[PDB]
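5-hydroxytryptamine receptor 2A bound by cariprazine.
One is the number of the first residue; the rest follow in order along the sequence. Counting convention: from 1, in listed order, for ligands and their atoms alike. Just the heavy atoms: all of them, side chains too, but no hydrogens, waters or symmetry mates, feed the values below.
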Amino acid sequence: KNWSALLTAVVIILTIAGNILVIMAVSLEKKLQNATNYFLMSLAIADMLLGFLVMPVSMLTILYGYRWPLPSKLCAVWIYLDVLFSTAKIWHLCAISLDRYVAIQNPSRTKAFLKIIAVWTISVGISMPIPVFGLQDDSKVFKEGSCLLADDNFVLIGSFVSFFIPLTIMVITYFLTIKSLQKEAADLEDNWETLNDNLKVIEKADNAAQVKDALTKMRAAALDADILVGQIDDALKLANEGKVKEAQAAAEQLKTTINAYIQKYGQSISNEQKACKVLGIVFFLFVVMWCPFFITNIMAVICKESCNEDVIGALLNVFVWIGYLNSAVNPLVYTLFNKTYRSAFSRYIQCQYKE
Ligand SMILES: CC(C)CCC[C@@H](C)[C@H]1CC[C@H]2[C@@H]3CC=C4C[C@@H](O)CC[C@]4(C)[C@H]3CC[C@]12C
Ligand SMILES: CC(C)CCC[C@@H](C)[C@H]1CC[C@H]2[C@@H]3CC=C4C[C@@H](O)CC[C@]4(C)[C@H]3CC[C@]12C
Ligand SMILES: CN(C)C(=O)N[C@H]1CC[C@H](CCN2CCN(c3cccc(Cl)c3Cl)CC2)CC1
Ligand SMILES: [Mg+2]
């Protein structure tokens with residue numbers, strides 16, 4: 001008689017339906033066809049595959065008191081799917097953080113589907129000791145007729161190698177991305193005063209000194225931020241001949257090109273900080289929900305002697321569902337914090353699929 005299967009059946013269908021909707025939204029709606037959204041589909045494939053393959057077998061074992069109810073050579077395989085799909089999500093979340101960072105030092109699907117194939121192959125490579133050695137020796141994958149990783153080298157080596165190369169690189173490249181977008185906003189409303197200051201200088205002017213210097217100083221300050229470089233140069237010639245009343249009126253026709261360009265760049269940055277913050281929640285929820293399973297699984301190995309493994313085991317059976325639930329919640333994040341995903345999901349529920 002088990003309570004727990006009534007709970008766990010919820011988490012599986014949330015996982016399956018939501019991650020299908022994310023897969024559906026990137027496949028269909030054109031305003032999601034960018035490289036960072038191509039990763040989020042691949043992530044959702046992993047979360048949906050976790051929900052189809054790994055999670056109902058976990059529920060099944062809950063209904064046999066953890067005494068493993070299937071063929072023995074499926075235990076080593078099930079473990080490989082359970083580790084792969086998670087190792088897939090951590091190298092996904094690392095890649096997005098890293099790819100958006102290299103995007104800031106810069107001015108395609110084949111961009112993305114090489115990088116996704118690069119990440120999946122580093123997951124398939126890293127998880128591959130499990131069935132190659134587990135299918136040889138049933139005592140890497142079974143303890144006491146319960147299917148679970150029973151090799152501590154695979155846990156210790158896998159956890160740090162598979163989760164601390166990527167987490168480190170993800171938490172550095174997330175932090176540096178925040179600092180790159182803070183310097184860009186700082187550097188742009190620096191150029192605001194420099195251009196704006198100099199406008200008030202050219203409108204006050206007496207002579208061709210105050211106009212030619214203050215368009216020289218406008219031009220280099222324009223060069224830090226395309227088309228307005230010519231429009232300063234189209235007005236830099238008027239002051240050089242001495243046409244001062246003409247260059248002053250040409251500059252209030254620069255004021256409109258300036259206000260138009262600054263706001264567009266400024267909207268783009270405020271977008272990309274809202275977008276950096278959405279991932280940061282996808283990133284934050286992943287660690288925090290796996291955090292109790294992770295720490296306890298490592299302490300299983302560290303205090304084999306000094307601790308009640310019945311209690312340690314009774315928590316791992318509980319803590320692994322906290323991290324399963326993480327599959328369910330990536331889609332909810334998008335629903336409340338993207339207009340684009342919410343509008344799309346709200347039309348797939350109305351069975352209406354034409355952009
Ligand atoms: C371990 C194996 C047997 C599990 C099964 C993996 C299956 C479900 C995976 C692997 C390859 C995946 C497909 C690869 C690429 C695409 C194209 C994309 O535009 C829509 C989804 C779609 C069609 C994927 C759907 C899910 C998929 C079919
Ligand atoms: C009763 C006698 C034999 C002693 C048993 C001590 C056991 C039950 C103790 C010692 C080590 C402990 C674990 C150490 C680390 C963590 C991770 C953290 O998120 C809190 C829970 C958890 C998982 C603890 C639960 C209780 C624990 C398993
Ligand atoms: C950022 N942080 C800290 C992390 O990502 N931590 C990680 C914690 C471990 C997660 C691995 C996923 N599997 C491992 C194997 N598990 C298992 C399988 C069969 C039987 C039994 Cl009993 C068990 Cl317990 C279930 C979960 C990935 C994330
Ligand atoms: Mg000033």
Exercise. Point out each ligand or chain corresponding to cariprazine.
Key: ligand 3
Exercise. Tell me which other ligands or ions sit under 4.0 Å from cariprazine.
Key: none
Quiz item: Among the UniProt-annotated serotonin-binding residues of chain A, which have any heavy atom closer than 4.0 Å to cariprazine?
Solution: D82
Practice problem: Find the transmembrane segments of chain A with a heavy atom less than 4.0 Å from cariprazine, using UniProt's numbering from the N terminus. | Solution: 3, 5, 6, 7
Quiz item: Heavy atoms under 4.0 Å from cariprazine: which residues of other chains qualify?
Solution: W78, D82, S86, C147, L148, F163, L167, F286, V287, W290, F293, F294, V320, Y324
